[PDB]
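For reference, the structure is listed below as structure tokens.
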Amino acid sequence: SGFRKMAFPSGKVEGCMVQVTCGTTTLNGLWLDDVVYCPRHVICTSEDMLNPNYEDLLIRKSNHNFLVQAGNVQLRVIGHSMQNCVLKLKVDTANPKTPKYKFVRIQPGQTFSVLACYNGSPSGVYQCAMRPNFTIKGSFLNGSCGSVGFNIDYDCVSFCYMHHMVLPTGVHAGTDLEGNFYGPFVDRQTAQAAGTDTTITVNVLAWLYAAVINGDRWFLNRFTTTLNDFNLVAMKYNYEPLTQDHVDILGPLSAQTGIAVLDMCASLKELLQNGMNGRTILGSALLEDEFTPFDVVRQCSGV
Amino acid sequence: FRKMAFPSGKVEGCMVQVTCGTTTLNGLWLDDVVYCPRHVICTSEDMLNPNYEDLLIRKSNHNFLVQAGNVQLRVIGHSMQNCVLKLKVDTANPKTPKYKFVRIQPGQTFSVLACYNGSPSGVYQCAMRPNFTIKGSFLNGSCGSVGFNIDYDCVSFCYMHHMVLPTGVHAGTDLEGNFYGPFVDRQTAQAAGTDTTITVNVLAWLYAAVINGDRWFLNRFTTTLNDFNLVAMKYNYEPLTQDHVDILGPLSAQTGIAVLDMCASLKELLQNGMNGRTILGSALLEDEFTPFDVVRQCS
Ligand SMILES: *[C@@](O)(CO)[C@H](C[C@@H]1CCNC1=O)NC(=O)[C@H](CC(C)C)NC(=O)c1cc2c(OC)cccc2[nH]1
Ligand SMILES: *[C@@](O)(CO)[C@H](C[C@@H]1CCNC1=O)NC(=O)[C@H](CC(C)C)NC(=O)c1cc2c(OC)cccc2[nH]1
């Protein structure tokens, strides 16, 4: 019963957050085994960040230039390398609370939990989606760099995001844990625009099914649509196309509710053309697109 | 603005499962006591119309299975406190945080750590409604999940889950076992009173809008607290208390907008509507962010 934007429990990640400081620059790092991972622009001064030659700036640093604090303990750095936009500090102590983990690069439209941290201290946890334009609508303040995004399956933490940048529009950009940005962004102190921000259609459909499972059907209709005719209307409204894989992925929700996927497409088509007429769905006045089909299935299966 | 939960790790380290017969739910292990909903002692048929004092008389310490994961914690004492059971166990939890038990007011927010079989599953922010329900997300097996706030290093537990209502909202107790609202722990359909909008939180939201430069709704008027409360009630808004006025103090100081001037602005929004305008990008006035949440997300 109910449907809420839900994050994974954050404790396995909290036990890995540390504080990294180089010069007057401080941000968060992720301590796994005997390595601390953090945004490489920590090595930068304020003047460097405008056009940093990172390889040039890094070679001029020594292991002792990096102060890593874990709680009240300082960890001694005994090596350091760079992998794209991520710095890897070898420390002489393995983190005893390292969980089972993997690094993965998430696909646009997928969700993950963010543990927002400041000065190496966890501050809040929330769910995000990787948008089609590879930005995320995060909540991050000064000092949040190095905060990470993750999913958990059984006991294994899959890290997928590390935070680097806020755009002029107030959305956020970052990298995977191999240091590659999501999107066309660069770790330099410049104002950057993203590509056009399309709506994650398969997710909107999942959330409509969640609304039905929770007792709201006001937006359904007796009509159907073909997949192509739906996509024509969806693209007109800057929605992503729905693929046959999306249709299949929605199967379990369609089975649970008895609403054919293309019948829900016809409902969404009507909502796009007519608007919501001051009504709300699951408490929202907008069509929500940051819950995946699996997000809905795991909260609403059996209800 | 977004709902943000507290990091959940300090609470995760306290979740256990408690079973009596085939009835299983979650409990909270702090020091050498495990707290859980007292209906764990019920068979399914017992929960239709339970006499808990009589049911408990028939239970002894050795009838309670407490597990941290798969590891059993031997129960060495038990007692009932309102609608919660307290099981003394022979092991003090080494992960016990600094904590307190608090009873919150409508409008206050908290994080819920939803758990199943003693295993944390998800975390999300909830607000206590004026009708003493929360809009949670809870499946079978979720009872005994807790809600909490974290202040510095101290976990303040405020909620333990017991009930879903026919409308699909949730009800529960504080950690002394006293329900929020008129609800009882019985297998029966129970109705919550009509709900109202949480005025103090809408005001916090309007302050948040002003902080971010969105201030078209500020008007030239003020009001008294009494006159405002009487108007607000005709729009299904809660009356403000003195505590509400006080907790708006910091946002009022930050923006320079007196609390009663902002109340007069809200009154105009209620009486005249939004005129197809938005506030913080929304035609809806948000009532699930407290003044603390607004400060916590702006700094
Ligand atoms: C990190 O904490 C820095 O360590 C920080 C996080 C942002 C602070 C405010 N909210 C955030 O998410 N990131 C930055 O400060 C980055 C630093 C880069 C990677 C060197 N820069 C930006 O976020 C950035 C710079 C500019 C800009 O310039 C000029 C103009 C407009 C936006 C903008 N963002
Ligand atoms: C706990 O897991 C029980 O241990 C369970 C939580 C609900 C299950 C599905 N989602 C939940 O939030 N709580 C219950 O099952 C309670 C048990 C009481 C305390 C003895 N029962 C209800 O919440 C319940 C019973 C009825 C009902 O009956 C008749 C009719 C309508 C609603 C309703 N809710």
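Each sequence line gets a chain letter, starting at A and going down the list. Numbering, chain A: per the PDB entry, residues 1-303 in sequence. The residues of chain B that appear here are 3-301 by the PDB entry count, in order. When a ligand or atom number is given, it counts from 1 through the structure's own listing order. Method reported for this entry: X-ray crystallography, 1.9 Å. Because only heavy atoms are used, hydrogens play no part in the values below, and waters and symmetry mates are left out as well, while side chains stay in.
- As for ligand 1, the drug there is PF-00835231 (bound form).
- Structurally, the greatest contact with PF-00835231 (bound form, ligand 1) is made by what UniProt calls 3C-like proteinase nsp5.
- Other chains with one or more heavy atoms under 4.0 Å from any atom of PF-00835231 (bound form, ligand 1): A.
- Residue A:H163 places a heavy atom less than 4.0 Å from PF-00835231 (bound form, ligand 1).
- Numbered from 1 in the order shown, with element, the atoms of PF-00835231 (bound form, ligand 1) that lie under 4.0 Å from a heavy atom of A:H172 read 12 (O).
- The distance criterion of under 3.5 Å between nitrogen or oxygen atoms is met by A:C145 with respect to PF-00835231 (bound form, ligand 1).
- According to the entry, the source organism of chain A is Severe acute respiratory syndrome coronavirus 2.
- Mapped onto UniProt domains, the residues of chain A touching PF-00835231 (bound form, ligand 1) mostly lie in Peptidase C30.
- Note: no N/O pair closer than 3.5 Å links A:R188 and PF-00835231 (bound form, ligand 1) by distance alone.
- Considering backbone and side-chain N/O atoms, A:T26 never comes within less than 3.5 Å of an N/O atom of PF-00835231 (bound form, ligand 1).
- Less than 4.0 angstrom separates some heavy atom of A:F140 from each of these atoms of PF-00835231 (bound form, ligand 1): 10 (N), 12 (O).
- Looking at A:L27 against PF-00835231 (bound form, ligand 1), only its side chain comes within 4.0 Å, counting heavy atoms.
- The proximity of A:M165 to PF-00835231 (bound form, ligand 1), defined as any non-hydrogen pair under 4.0 Å, involves the side chain as well as the backbone.
- Looking at PF-00835231 (bound form, ligand 1), you'll find an N or O of A:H164 within less than 3.5 Å of one of its N or O atoms.
- Residue A:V166 holds the heavy atom nearest to atom 7 (C) of PF-00835231 (bound form, ligand 1) of all those in A:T169, A:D48, A:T25, A:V166.
- In the entry as deposited, the covalent bond from PF-00835231 (bound form, ligand 1) ends at A:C145 SG.
- For PF-00835231 (bound form, ligand 1), the nearest UniProt active-site residue in chain A, with the shortest heavy-atom distance to 1 Å, is A:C145, 2 Å.
- For PF-00835231 (bound form, ligand 1), the heavy-atom contacts closer than 4.0 Å come from A:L27, A:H41, A:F140, A:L141, A:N142, A:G143, A:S144, A:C145, A:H163, A:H164, A:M165, A:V166, A:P168, A:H172, A:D187, A:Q189, A:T190, A:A191.
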